[PDB]
Amino acid sequence: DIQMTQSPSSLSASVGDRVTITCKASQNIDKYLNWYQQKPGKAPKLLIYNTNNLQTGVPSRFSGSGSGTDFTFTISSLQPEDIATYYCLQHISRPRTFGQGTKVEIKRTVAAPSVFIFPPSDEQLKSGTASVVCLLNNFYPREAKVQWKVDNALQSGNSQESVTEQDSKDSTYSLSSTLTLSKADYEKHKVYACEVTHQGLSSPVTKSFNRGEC
Amino acid sequence: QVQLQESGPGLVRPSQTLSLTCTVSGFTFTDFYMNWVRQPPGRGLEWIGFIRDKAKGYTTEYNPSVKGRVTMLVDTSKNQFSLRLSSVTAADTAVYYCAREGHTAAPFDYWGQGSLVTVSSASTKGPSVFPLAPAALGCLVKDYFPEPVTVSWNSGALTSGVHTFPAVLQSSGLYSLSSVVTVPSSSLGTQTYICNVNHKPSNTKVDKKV
């Protein structure tokens, strides 16, 4: 093994800024250190092979430098389509090895949230179970706190975050917020709203509903 | 151009044995080393090892780590590239990748997609998709196991506007994500929008109409 460690680990540059990732190597590497870009959710892709060789397809704002032990990977200017996690690795000896990884979240400007409170699914509510989903969509930062309310009340322990990876068009996170109050209670009540405060959109906001049926 | 799709059991009982197949098409092992790559939940890839072309005989060289358990090999007649791990434990969990070491581009120029192999003394579970009515649309693919579950609308057409979320493990000890895709204000006539929740671990298919 020849421990390979990148740096920094999870950084936060901007669009038009040059992101420069560097990865030292326990021992010697020579020209044997590639690079990969692993977009959110996919598989690694090869961005640079043998210290400073570019791949076909891969842009030109990407490039490698030097060789020896100190290595560095640089981005002319960063685009919202570069919200990946980049890896370095070497193939001189074996086993092969990779860096602990460098994430690269893109920084933009506040895009105040959008909610779309979806009442329950007629039939889910046939399980003795029933979940009221809440959704904001395309915002930034990721700092968003959803406040669930029943008939202007609550009982908590039902909420549950899950937000997406930064979009590579906008660079805006989005998170759902399922309230799964199960059956027999969706009935016992009638307004389950879904208030929602965020860093950029002052004075809280919500999409609710007094239900509207039986 | 070229294709490298994986395959294999999605959940595996500890003690039992891991089994995956890299079905290839667009090149040959006769001029290419086929190695694998694994990545546990939110972590970093780890080279398991590879196998050599026709010249070198199809010899194999495992990373010191697994060596002793792994056992790659290839059936040039069925254009595959099988991997077998004995003694799978909660540690050998990840997405197992089959990259195709190339020419200079090496190592690793063409990776497969992904195949999550979860090790759990648990069992399967067919997901439930609940048509979430609305502007936005979505689907609730509720209560299932093991992961990952993949959903795509209108078996194509609809992209740019979709937000298929991650997953959360419910106290039920079950997973539950919910794919959503905002659509244009007016453009919801007596129209279609199928919901293609796919889920291999179970062997279950559902195309709910939101």
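Chain letters run A, B, ... following the sequence lines, proteins first, then strands; residues in each count from 1.
This structure shows the drug at chains A and B to be Campath-1H.
What the entry calls chain A is campath-1H antibody. According to the entry, the name of chain B reads campath-1H antibody.
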